[PDB]
Each structure stands twice: as structure tokens, then as C-alpha cells.
Amino acid sequence: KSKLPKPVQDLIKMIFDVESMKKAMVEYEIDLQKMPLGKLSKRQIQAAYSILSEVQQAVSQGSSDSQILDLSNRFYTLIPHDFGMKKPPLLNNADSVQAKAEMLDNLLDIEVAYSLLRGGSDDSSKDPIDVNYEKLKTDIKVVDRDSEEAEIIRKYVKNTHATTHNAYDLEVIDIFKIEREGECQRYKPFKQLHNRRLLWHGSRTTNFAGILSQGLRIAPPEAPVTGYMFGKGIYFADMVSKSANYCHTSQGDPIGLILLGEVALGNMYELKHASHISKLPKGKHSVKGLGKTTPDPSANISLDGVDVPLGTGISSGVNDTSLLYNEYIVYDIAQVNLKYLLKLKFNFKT
Amino acid sequence: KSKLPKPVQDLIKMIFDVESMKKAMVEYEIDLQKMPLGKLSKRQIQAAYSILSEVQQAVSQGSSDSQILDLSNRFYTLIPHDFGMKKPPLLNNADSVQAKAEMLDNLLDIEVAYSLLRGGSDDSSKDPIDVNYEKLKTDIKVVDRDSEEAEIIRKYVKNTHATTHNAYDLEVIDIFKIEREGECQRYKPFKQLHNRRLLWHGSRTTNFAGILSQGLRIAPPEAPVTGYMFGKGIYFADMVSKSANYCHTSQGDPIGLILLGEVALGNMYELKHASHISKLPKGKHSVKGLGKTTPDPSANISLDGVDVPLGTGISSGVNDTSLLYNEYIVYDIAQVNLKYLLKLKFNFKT
Amino acid sequence: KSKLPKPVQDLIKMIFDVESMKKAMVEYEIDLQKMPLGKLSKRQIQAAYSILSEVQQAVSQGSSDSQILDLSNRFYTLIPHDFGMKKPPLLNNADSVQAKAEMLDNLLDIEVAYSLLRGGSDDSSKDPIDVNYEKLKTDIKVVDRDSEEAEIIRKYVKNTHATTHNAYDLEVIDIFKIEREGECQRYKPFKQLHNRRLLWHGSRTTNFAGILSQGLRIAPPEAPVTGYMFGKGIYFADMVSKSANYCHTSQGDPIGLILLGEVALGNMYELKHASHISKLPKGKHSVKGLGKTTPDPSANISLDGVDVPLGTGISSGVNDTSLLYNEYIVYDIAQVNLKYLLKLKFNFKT
Amino acid sequence: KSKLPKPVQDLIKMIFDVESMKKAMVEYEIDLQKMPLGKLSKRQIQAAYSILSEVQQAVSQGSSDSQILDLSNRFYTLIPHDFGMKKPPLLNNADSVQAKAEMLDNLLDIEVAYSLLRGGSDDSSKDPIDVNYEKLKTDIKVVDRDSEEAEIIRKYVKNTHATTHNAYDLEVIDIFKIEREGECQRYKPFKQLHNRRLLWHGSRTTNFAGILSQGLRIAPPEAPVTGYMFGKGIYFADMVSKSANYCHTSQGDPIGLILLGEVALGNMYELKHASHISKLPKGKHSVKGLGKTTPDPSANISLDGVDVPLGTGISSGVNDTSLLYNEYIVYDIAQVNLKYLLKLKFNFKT
Amino acid sequence: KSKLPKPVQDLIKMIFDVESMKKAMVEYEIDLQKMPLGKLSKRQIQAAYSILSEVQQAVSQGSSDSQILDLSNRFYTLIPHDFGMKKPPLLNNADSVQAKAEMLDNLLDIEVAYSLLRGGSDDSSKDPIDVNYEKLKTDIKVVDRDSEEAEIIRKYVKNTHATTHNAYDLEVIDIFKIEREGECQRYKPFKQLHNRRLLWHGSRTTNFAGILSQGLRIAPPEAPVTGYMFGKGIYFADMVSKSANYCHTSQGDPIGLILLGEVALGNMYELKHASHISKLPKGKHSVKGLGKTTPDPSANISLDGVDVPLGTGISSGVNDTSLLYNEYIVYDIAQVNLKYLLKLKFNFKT
Ligand SMILES: C[C@]1(c2nc3cccc(C(N)=O)c3[nH]2)CCCN1
Ligand SMILES: C[C@]1(c2nc3cccc(C(N)=O)c3[nH]2)CCCN1
Ligand SMILES: C[C@]1(c2nc3cccc(C(N)=O)c3[nH]2)CCCN1
Ligand SMILES: C[C@]1(c2nc3cccc(C(N)=O)c3[nH]2)CCCN1
Ligand SMILES: C[C@]1(c2nc3cccc(C(N)=O)c3[nH]2)CCCN1
């Protein structure tokens, strides 16, 4: 039987859960009869991305309908949604393209997870636990609840979580230290870059197999730009509250996963409103969206050079921003070093 | 084409939505491969109820396990849940039986809805809209947004909805007046009973076909008692906030349905803590669970004799109660007269 | 002596107050010794705008300093700020250009007001009150406190003002009905455009002479784009709280002015994040920035066809927006019809 | 049997309740064995007042103890408090004298009530209800719950009651219109004085017999001045929250009484901090203590000339005051016309 | 070049800023054309104080106008305010005299600062930084951010700052240890007095040159008494929130200065309402105004004998007070030992 610790074994079952994949798809109204899990394709998803981009263009130009109707019908022909009646919803605005793209993003990681869950040798010489674990290409270790690392992290979570949106309370059930294969050399260069911070990154549970196996990725060129406040990059927050909302947990499934990564920010280009760049000013190596709220700077803390902004949340200098929280973006995956993964229990106050 | 107004036509598509049925089942982790919608049976559900009751008994006695294991395995053999690994959850406590029973309740109405959605004559001499509408055996009319009825109702909803649990805001999209076949004579007697009130009753969208076609029903004898604070009856609230939580809506599906019914309460037996009776004291005809919060009595209002407690929520006399809201229970379905049905939009504040 | 009502006479003294102009300039650290009020020039302000735009460009490119230093020194040579020591602040980021542009905007209206306050015939055949009043080219009337108009407006102000940012409370001291010369024909066309709404527009008191005499204007081409979430246009809000923050009042001067204008919106292009367009999609005639909060739609109200969204503030459908409040933008001044002007007393809670 | 309405009969039993008198005395730690109700004397209470004033003087001078000890022993020799051990508390500070004076105030009205409850003819030719009612020398009438008067009053109570100190909620159980003998001519003069307002005045239930029979009175000369922010006068509030705190109700006895009186204020001398005057500036006829909170002026309302400030509570112009609420004081009892008396139910939120 | 640390150099530029002086004067509506900075006189300010006192007297007596008009005209003849029209405001009430006195207080320290900024030798043998520094006659040192002193102070600031008036958040930018010449011997005596506490004292930035050079001073005899709740003395608070409001910072200038001083309180005379004494009871050496809120006593802390009440804010025993916060007053400047000065950044939540 697996020599893996019990908490890791449970982590493995969580991310490679087929029922969870199926559930996310039905939550999207996708018809599994026509589009089963094993039938998801990458080229199919790229095609869908392209259509979405075309809708956004049609929307910006103000297409004289008809074109919007055909594009909409084309999208649903590729992504078989079952509605029954009322007819398929029309994709005629930014809000609509954003939702569909967010879905394609998730469906791609599910496709990635299903494709890994079915490879190599589906024999039993070894239990499914250790095999699937190996497929992640990531070394996973449990962090003792009573250590220095755990204390810092828990405080990070406890302090950057306030009451302004306290629709729930956070409880850390498990803390894992992580270092995926590949993310141990690639970073070494950007390490010779100042302003490295330990930041939060939340994401749907059904995307973690893809995230651990492939690392955080930047949206492909066929993907619509709408939905990314600061262009196609990798986003992080310094307040657990901001990231936790991307875990999409609920009273039904109050358990979610969240990452903590070391990101070599370098000189940050500061902005207060959405701006599509990806182009970056000379000398800048990241973007910091300025939020209304920020961790108490006096409470900052470090270690090895990586700053950890676990100060309680206070009002920042500028409020003339649309953003509520800080937001950090990098446009090179090499600037990111995934360090920890937290299994969190969301208790809703309701 | 259907002569029904557009809002009613939309109501019809909502309650007879197969994708919605399928989605509620997958949300329960049920494996549709083994247990498709068309395969749901009433006797199967009664059997499942019986097992649940046996678990509750085993739990109260403190069964020396083994018996709990076999009962648990028996439940999952009847209700095929797909877990993958970790093994099926053990049903060894009140909290566990309550969740499963709540599920069986919902699965029964879905079974009822699927069985109605497939009967009579699946021909096309008439569009599916009018046919399915007739299957409800309920007369449905739209209440003009600018009428007296609509004004009273909206205020009822606006005032009994506070900020203590404001995880969302309520918006009335449609208001329907209703009178199902059968619920027009049966009540006439209990009408000759004082203390009639117009109260709220929320419920999952997927249960409305069953509710409209069969009316509100009291739990069967095989059903576990755990989960019903005051025995097997029909529950109502006088604060929309209390009932709205049973609609189980979310950011994904922020739309829900809620009923308003006239209930001939008669003399109410007042209690402050859960009590399983169903037996009722001589001269009493209902139970009022006393809550910490209550609509402002000064703001009460009537019409035809039916009191409408739309006063804003204030602290009640007694707080020495566990209950947060008032709760009304009747043990005879004839004491209930369903009058209106509201389509509501839940806007979460998050 | 002036036949004007006392409240209008007081309004006149307010907007044509020289001490107020002088005070706004010193608040900007401007040195009146070098740059007196009478020395402000329009070409000087246009030049300053150009420099600011050049800084923004330098900032976006990431100019290798030196260029940033010379541009900064050029700006302060044109706009003489007295610092004393520490040296002039460097304009090397978006946040810096925005503040300076906001200042140039205000300084231009002050220049406009000073230029009107000194023209025609500074004789005394007529008192300064009626003369200056005429210079506004706007017909001003007092709205009786106990009328229908006043009631609607006050409710508009009372309901769209919540407690989330209740750093103050609002009190309407005077309500004026207005129709400036020119804004009585120019609009007639766009009146034949649907979706006309009565919206709020706040602004510094020292800008009202310019606003009444010239009407709301769209930023000139030399002006930096940074600072306008949706391009150079005319912005309105449907929640008095949003607009009131642009009055820049305080415990020292708790009195401010705010406008209510009828804007022929037409088809609104809906967005959730900043987007510089001005280009507009075919068929769209305005932009609606979607906020997290919005007036209760059920409470909407009209008259003559102009909708007045005085519903209390509730959570809107989407929160996936950066914006807190709704925001409406039009890119043609003819789409705007200034109707009322309110003198408001801000009571801070502190 | 009494022809008095039931609500008035209940009012009568409330204010002439001996058990209530006894209870207030034991709440004061007074030993009824030594000082029974029937043993309370007016001269005894005046003597006690004098001692208290002497303590205040000793406190202001900073008496070298001993004098403080003898005065303290003298007070407790007159007012027999049972402590048991620890010894009698020392009266050596303002806070101590204030509490004792407040007690003497209450004990005097109880003495007054007991002295009325035992006079004339304790025969039974008439029931105790009508007799005691007559002893009040006040004409009492019930105000129908569905009238104009009741509506105004209830709104007055509902709006001037907020959430800042919402340790309870208010419910009006009975509303009485009142006009005591004597207070129907005496006022006629001051009626020819502007600025008449309908204000709140709360007070312990055990003081109402004295208040109805003798009217609101100003503290006697022997009484300490400490405790009266603005000298010995008659105090009123324009926010039910302020007055309700002087009813001293609780979860045990959540029922209290509160008055509404018409007071001919005249020119008000405005102050922001305690000031002992009673001397009043020429032309002023009352004092208005300026509070941080005040009823919304726009919502003011009148009738017959008496202003009723039932506007919801908002932040007032000045916060540089110690006072939280407005407070009105008059130094001539003739300036007061008691109009209504409300029986209120306090529901604590706890 | 100056050997002073950079943070001290910045402190020096802050308090000796001429633009800041000019700005405070224009904020007062003072006409710099008539009353330039260099034209401010001490005798002129004393004269103005006298007039204010005369107005207060006229107000208390209730002067039959005319006298109020002449006094008002006399005040504005001495203090040249530019209004333009509407005419000069009438000084006919306590609220008016308080504002004017507060202004004279500030104008005097500005006069003091301008008089120091222009003395000795305006040569350049030494840079203006070290010269002006010497003129303060105060030894200034920077306290390392990571020391014991800094930790205690920051906690003092973080805990005595709540959410009840959280219109802003506090950030300590610099912490200076201070000991002015003279305040090193004078205190030695009162050090042999118990109950020494480290308390807060806020003040306008433009008053610090005067405060450091002359120390905290007690109002002169010609000064009005109105405005000083407990007579002319030196006031301190034990909750940073109370003192911070006297820094008069804003979104425009969110930076302020605040002092921490050791005050030898001795026996405190406790009061709950304003009381003009200065006379003090035998054995008492200070006054403590009792507030509704107070630092958690359990969290008290000391060092060398000086208590530091940095407990979080909790409800105090008595609420029967007008005061919201505690307030300490001493009537001998020798009882005060200025120890630290904090540069604070105010972040408004708005
Ligand atoms: C909306 C979007 C996003 N913005 C974020 C800001 C802070 C944190 C996260 C996170 N995932 O933890 C964010 N995710 C844009 C890129 C993909 N999803
Ligand atoms: C938990 C339970 C329930 N209690 C309620 C109290 C007030 C209202 C409702 C409602 N459905 O609107 C309630 N439903 C017990 C019976 C079935 N579900
Ligand atoms: C920041 C900016 C602005 N945005 C607004 C949104 C709603 C209302 C107003 C207003 N003035 O009442 C706004 N003003 C951009 C254009 C000039 N000032
Ligand atoms: C404390 C004191 C008092 N101050 C008040 C201010 C507003 C209302 C009332 C009231 N009784 O309704 C007050 N009572 C001083 C005079 C006797 N009691
Ligand atoms: C209003 C007044 C004042 N009262 C205070 C109470 C606590 C602290 C302070 C402070 N300056 O930090 C105070 N200042 C009266 C004397 C001058 N200003």
C-alpha cells in the first residue's frame, strides 16, 4: 500500500476526482450525453476560444446582429449545452464572453486532468494513489501544524481575512510544501531580481492537476482579452480574501484549495484602473493594481529575502481606485515559484 | 402557439427543466450512469427512507458498529453515489441522516416531476408548453407589477429582509396568483377558523412541479423524524429571510421560487425549543416556534381576514429561544391555501 | 437693489467668490506671488496639459529618467508651486499625472470664472449681483421646499445615500431649477432618443461659473487620458454618494454644489472594467460602467419619459466588477440637459 | 364597577403599585425593616439633600477626610442602607453624590405616591380604581391605535430610535392623551411664545403618580447641582432614544412609561458643553444642548404651531460637542404642557 | 551638508514650512494682501483675544445687539478676513467665539514660527537645515523601527485606534525621541509625584515649531474660557483616536504630527461633565474627564514608573458621561515632559 502520508493521499483523490469533473460540467449546463468527459479536446477548446474572441470583436464593432446569432450558434455547436427550451442564450456582450471564457479555461484543465488520469499503464502493480501522484511531477510534503512555516501561513490567512465580506470564515485543514519538477532551476535566474513576495493564488479544485503538472500558465493568443484587467498574465493577491473567491466553494462543497507562490516581481508598474498592456514599460517587470485595502505595512515580514505581507487589512493611501484589493501580475511564468498549497475549509455565516 | 402569457411560459420551462433535475442529482454525487432520472422509483425512495430511520435508531441506541456499516452499505446500494475512492461516508449521526433525508425529499419531487413530464400523450397537436401547464392542475395568473397585491407583497419581501444575514438582496421578477385544482373547496371549512395568516414557504426549484401538482405534503411515516424541529408537518415563516434560505440559490443560479400561502392557524401552541409532537394539545391547531426576531406588530395589516405580518424585523419579547425566526407548523394539509408564487432574483453581496 | 430671490443671490456669491478661487490655488501649493489669479491663461493651461501627456507617454515607455526630470521641471516652471525645500515632486507615474490633470481642470474653470467676473462694464448702474447673474447665461429659479419636484429630489438624495461610506450625512439647503441659454434647443434632437435618465454630477464649487456659463465639457485633446476610466466624456452617477465625492467638501467647508441632469443615454454599452474607447460600437450611444451597488429597480420612477432611479441602494447582479457604483458616460455634450442644481450641507460623522 | 377603559385601569394599577415602590427601595439597598415605605418623610429627604450638597462642597474643597467620613455616616443614618459587611461606601466624589441625589429624587416621588395612595377616605363606596384615578387630578383618555395622533407619535418613536444603541427595540402598547388639572390655564401665556416643540421626557415608572399629580418639577435649592448638566431645570429630548434611557426598564420589567410634552422654548441659548446657569441671557428662554445626532430637519412637521421633530436621526453640523443627543431645558414649569403618555414595551436584543 | 539624519531633516522642513503657514491662514479666509505672515503681531493677537472674551460676555448677558455688531466689526478690523459679499459673519454665540479663539491660538504659533524662521543670522555659513533645527532648542533623535520603544508605541497607536470613528487608518512613518532644552530639570521635582502616565497630545502641524521651542503652554488670561471643557490647562488623551482629531489632517494632506508626553498626574479629580475650575481641590493635582470608552486596564503596562495604557478600547464603567474618551488636564506646565513625536500617515476609508 502507498507509503504516502494520509493527508497527501486525500489531496490526490481530491484533484483527480472524476465525479468532480462531471459536476463542474453539469454546473455549466453542458450535456454529458453529447459531450462526455473523455470527449473533451484541446483543439476543440482552442476553436471555442477563437469564436469567443470573434464575438468580442463583433460586440466592439456593434455587429448588425445575424453575425452575432451565427457566432452564438457556432459556439453552442462546439460546446453542447442542454437548455431544453427558451433557446440558447445570445453572446452579445462583454459580460457574456467573460463567463464563457472562464468556462473554457476550467474545461481545459479538466481535459488535462482526465488525460493524465488515463495514461502510462492502467495496471495494478502499484495502487492508483502512487501512480496518479507521480503523474503530477510535483514533490508534495505535509507541513506539521505546530511548525514555524505553519504559524506564519495561518497568521497570513487569519489577518488578510476580514469582516467586510465575511460571508464565511477560513480554517486551514492541511498545509503542503511543494516543488514541482522544473520549478527548481527555471526560477534561479529571476531569483537574482529584487522585490520577491509570497502571494496568494486561488483556483477551482478541478484545475489543480493541471496546475501542479503544468504550472500556472498565461492565456493563449486565441483567448479573448476581456476578463483580464491587466492583460494575459498570472495574477496574485496579497490578501487571502481576494484569492479565496476564485476557489468557488459553497455550503455544498465548503472545501477548497489555494496556492502560495514566491513571485519575483522586480520593479512594479503601478496602476489604479484596468489597463491592457502585456507590453510593459522599460525597467518594469510586473504590474501592481492598487487597491483600496492593503495589509498593514508595519506588520510586513521576511525570510531569505521573500517578503510576506501578512499585516492585517487597513485602508491604503489611495481610494480613487476601482480595485478593492491589491493585485499583482507577471507576464513570464519563470517569475513564479509555487511553494505551498493549502486545503481550506470555508464556513459560511449565512 | 401557446396563448399563455410570456412570464407564465417561462415559469413552466423552469419547473419542468430536465437539466435542472440532472444537476440536482449530480450535486448529490449521485451516479447518473447507474441511476438515471427515468430510473427513480417511489418504492425505492420509501425503502431508502426506512433505512435512514433505522440508522437514526441505531444512532440513538448507540449500535456497536457493524450494524451501522451494513445499514450504510445498504443505503448506498439503493442510492448509487459515485465517490471514486476514500470509500462511502458512514451514516453514524443525526447530522448525516438529516442530509440524506433532505435529499430523498428532493429526489421524490424530481421523480414526481419526471413522471408528469412523461404522460398522457407526447404528441405535438399542442405545444409542450400548454400541455405541461395543464399537468400542474393549477390555474396560474400574472399579477401586474403596479397593482395593490404586488405592492403589499413587495413590501412584505422588502421589510422582512434585513441586514443581519444580508449575504444577498432580493428582487421580485415575477408575481403569480395561484389556485390549484382541489385547493378551492378543501379549505372552505378551515376558513371558519380564526388566526389565518399569509406566510412564506421556500423550496428548491426542482420541487415545484410536485408542489403545484400535489400541494404541500407532510413527510411519510417511514421518514426519519430528525430534521423536523416540531414533528412532521408543513412549515411556514413570517420573515422572507427564513424561507428564502430553503430555495438553495447561488451566484451560479441566483434565481429561485417562493410561495405565499394562507394558513388557517387557529389557536397556536407556542414553543421556544424543538419539540416532536404532532399530537397537539386540545384546542390548539398549530404550533408557533418563537423566534428572537419578529415583524413589527404595529405594522401588521389585513384583508378579508387574513393577517399579513409585513412589519420590519424587530427584536421580539423573548430571546431565551434557540430559534432566530418565527416558524409556524400545521399538521393538516387542508389548513393550507397556496395563493401566490414569486420568482425571485438573489443578488449576493459577497 | 436686486429683484432676485435671496437664495439665488447667495448662490451667485458662492460661485463668483474670489477668496474661494485663491484658496483652491493655495490648496494646490501654487505660489500666488508668482502666479496670481489674474495671471492664469488658457494657452498656459493647454501647454501644461501637453506636458502632462508627455509625462504619461514617458511613463508608459519607461523613459530612462532625465527626460522625466526635464518634463517635471518644465511643468513646475509653467505652474509655479512653492515647496520651499525637499525639491519639487517628480512626475513619474500615472497617479502623479492624474492629480496634476485634475488640478489643471479646476484651474481652467477658475480662470474662466475670473475672466467672467471681469468683463462688460464694471460700473455700478446695477448692483454686482444682477450683473454677475446675467454673465452665467443661465435662468435660475428656486424650487419651493414643499413641492412635488423637491419631494422627488430629496428622496433621490436620501435613498441613494447609504451607510457604507457614511462619513457624513446629506442635507438639502436649496434646490434650483435651471435652464442655461443654449441648452433648450440643442437637446431637442436627442430627446427623440430613448433611455433618458435624470442623473447626478458633482463638482468643485469653484467650477460652477464655468459649468453654468459653458455647460459640461469634454476634456480637450492635449489632455492626458489617464484618469478617465472610459475615455474623455461626461460622467454621471445614479447614486448621489458617487457624485457627492467630487464636490470635495470638508468639515471646514461642509457646503457643496451638485447637479442633476437629464441625459439621453440611448443604447448603453455595458462594461465592468475601465476601457478607453470614445469610439463606441454601432448602435450604442453611451457607456454604463456596471457597479456592485445599484438603486432598487422596483423603486424606479418616471415623468415625461425621464427615468429617475431613486430606489434605495441594493447589491446588483454582478460583483465581478471593480466599480462600486454605476457610472454613465456620453461623448456628445448635446446629449445632456442640465435641469437642477442643489446646494448641499455635508455633516461629517467623524 | 369602574367605567374607565381597561387600558387606563391598567395604567392606574401600574403607577400606584406598592410592590414596585418596595422593589425600587430594595434595589437601592435600603433596609425596609428600618425604613418602611410609610416611614418616608419629605423633611427627611430635604435633610438628606442638604448632606449631599455638603459632601459636594467637601469634595470641591478637598476636605481633609474625617469631615467626609462624618458626612457619609450622617447620610446613612438618615437613609438606612443595609450592607452587612465591607462597611458603608464613602461619598467622596461627584460620581457618588450624583447617584445618591438621583435616588433621593426617586424616593421623594415614591413618598408622594404613597401619601396619595392613603388619603381622603379608604372606604369601598367606590372601587380603588376610580378613587386613585381621581387623586391624580389628571384627565386621561386612550388614543385609538388607528388615528392621526397615534400615527404621528409612533413614527416619532420609530424614527428617533436607531441602531447605534439598539440594545432593544421599542413597541408602543398604549397611547394616552393627558391634561392635568392646572395645566390648561397656566400655559396659555407662554403659548404666546414662539418655538413650541413636542418633546420627550422619560422617567421611572414609580415617579408617575407624583408627576401626574404635581407636574414636572425643578430640583429644590437644598439639592446638589452635580448631575444637572445645565442647572436645575426641566429636561427634554427630541430623540426617543435619549429619554427612554431614563425609564430604567430591563429584561425583568421591560415595560416603561414616557411622556411627550409641549414646551414653549422661545429663544434658545445654544451650548455644546455642560454649563450651570439658570441665570439665562436676556432674550433667551431656554437652553439647547447641541448633540452630535439630530432628527432630520427636512422631515420636521407641525400642527397648531407645535413643531414635531420626527425626522430620522442624522449627524448634526457640529460634533465638537460632548453631547450625543440634543437636550432642551426650561427653568419655568409654566413653559411645559404635558400632552401624552406612552406605555412602552422594551424588547432587548442582548 | 547637514549631518542630521534624513528623517529629522524632513521633520524640520515640515514644521518650518512657509507655504503651510500661508495655507492655514487662507483656510481661515484671512486676506494675506492686508495681513501678510510677516505682519502678524503678538499684541495684535492678545487684543483679538480680549475682543473675543468681550463677545462671550455680551453673549452671556444677552447684549441688546449693536454692542455685538461693534465688537464683531472690531474683531474683523484686527483680523482682516476677506469675504467679498454677504458681509462678515456675526459673532453672537459660544460656537462662534470658540472657532475664532481656536484660530487665534493657531495664528499665534504661526507667528512664533515665522519669528524664529527669521532671526540670528540669515547667512549661509551653515545650511538652513541645521540652523532652523538649532532654533527649536530641542534635541531630536530617530527611534529605530525595530526597537522596543517603537514596538510599544506602535501597539499604543494600533490598539487605541478602533472602528467606531474609522474614517481613516493610522500608519506610523517616523518616531522621534525628544527632549527640549529646559524640559530636563524642571520636571525632576514633579517626578517625585505618583501616577505618571504617557499620554497623547495632537496638534496642527503649523504649531510644532512653537510647541518644540516653547513647550506646551496654557491659554493666556485674555483668552475666552469657552472651548476648554475643564478650564485653561494642558490636555491629553489615553486613546490616540481622541488626540489624532486635533491634527486636522485630510485627504489633501494626510500627514500629521502627534506628541506623546509623560505627565505627572498625581491625584486626579474625576469628573463626567464640563467644569471650569483651574482652582483644584486640596490634594488633587490634575483632572480626569471620564469617558464612555477606555483602554483595557488589564493590558496596562509600565516602565521606570510611567504607566502606558495601551489596552484596546473597551466600554468603561460609567456611560452617564457626555465624554466619549478619557481626557487628562494639568494646570502646571512643569507637570509635563514631552518624550516622543510621531509623524503619522492618515489613510481615509471614505
Ligand atoms: C479574474 C482573474 C484573476 N484576477 C485575480 C486577482 C488576484 C488573485 C487571483 C487569483 N486567481 O488568485 C486572480 N484571478 C484574471 C486572471 C484569471 N482570473
Ligand atoms: C427544515 C424544514 C423547514 N423549516 C422551516 C421553517 C420556516 C420555513 C420553511 C420553509 N420551507 O419555507 C421551513 N422548512 C423542516 C420541514 C422541511 N424543511
Ligand atoms: C473621475 C471623473 C468622474 N467619474 C465619475 C463618475 C460618476 C460621477 C462623476 C461626477 N463628476 O459626478 C464622475 N467624475 C472622470 C471624469 C471627471 N472626473
Ligand atoms: C440626567 C437628567 C436628564 N437629562 C436629560 C436629557 C434629556 C431627557 C431627559 C429625560 N428625563 O427625559 C433627561 N434627564 C438631568 C435632569 C434629570 N435627569
Ligand atoms: C479642545 C482642546 C483639547 N481637548 C483635548 C482632549 C484630549 C486631547 C487633546 C489634544 N490636543 O491632544 C485635546 N485638546 C481643549 C484644549 C485645547 N484643545
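Throughout, a chain's letter reflects where its sequence line sits, starting with A, and its residues are numbered from 1. Just so it is clear, the values below take in all heavy atoms, side chains as well, and ignore hydrogens, waters and symmetry mates. Partial entry shown, contacts counted within. Remember, it's 1-based here, ligands and their atoms both numbered in the order they're listed.
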Legend entry - Drug at ligand 1 from veliparib, anisindione, avibactam, milrinone: veliparib
Inset, instruction - State what veliparib (ligand 1) is bound to in this structure, picking the chain with most contacts and naming it per the PDB entry. - result: Poly [ADP-ribose] polymerase 1
Legend entry - Chains under 4.0 Å from veliparib (ligand 1) (heavy-atom): A
Inset, instruction - Write out the binding site of veliparib (ligand 1) as chain and residue number, heavy atoms closer than 4.0 Å. - result: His201(A), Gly202(A), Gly227(A), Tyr228(A), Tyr235(A), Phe236(A), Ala237(A), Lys242(A), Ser243(A), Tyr246(A), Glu327(A)
Inset, instruction - Considering the heavy atoms of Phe236(A), write down every atom of veliparib (ligand 1) situated less than 4.0 Å from one of them. - result: 7 (C), 8 (C)
Inset, instruction - Around veliparib (ligand 1), list the other ligands or ions under 4.0 Å away. - result: none
Legend entry - Organism in the entry for chain A: Homo sapiens
Legend entry - Nitrogen or oxygen of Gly202(A) less than 3.5 angstrom from that of veliparib (ligand 1): yes
Legend entry - Any protein heavy atom nearer than 4.0 Å to atom 18 (N) of veliparib (ligand 1): no
Inset, instruction - Return the residue, atom name and 0.1 Å-rounded distance of the protein heavy atom closest to atom 13 (C) of veliparib (ligand 1). - result: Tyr246(A) CE1, 3.4 Å
Legend entry - Backbone or side-chain N or O of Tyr235(A) under 3.5 Å from veliparib (ligand 1) N or O: no
Inset, instruction - List the UniProt active-site residue of chain A that sits nearest veliparib (ligand 1), with the heavy-atom separation to 1 Å. - result: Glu327(A), 4 Å
Legend entry - NAD(+)-binding residues (UniProt) of chain A within 4.0 Å of veliparib (ligand 1), heavy-atom distance: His201(A), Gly202(A), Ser243(A)
Legend entry - Numbering as shown, the atoms of veliparib (ligand 1) that approach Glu327(A) to under 4.0 Å (heavy-atom distance): 6 (C)
Inset, instruction - State the UniProt domain of chain A containing the majority of residues contacting veliparib (ligand 1). - result: PARP catalytic
Taking a 3.5 Å cut-off between nitrogen or oxygen atoms, can you list every pair linking veliparib (ligand 1) to the protein, with distances?
from                 : atom 1 : to        : atom 2 : distance (Å)
veliparib (ligand 1) : 11 (N) : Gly202(A) : O      : 3.1
veliparib (ligand 1) : 12 (O) : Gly202(A) : N      : 2.7
veliparib (ligand 1) : 12 (O) : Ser243(A) : OG     : 3.0

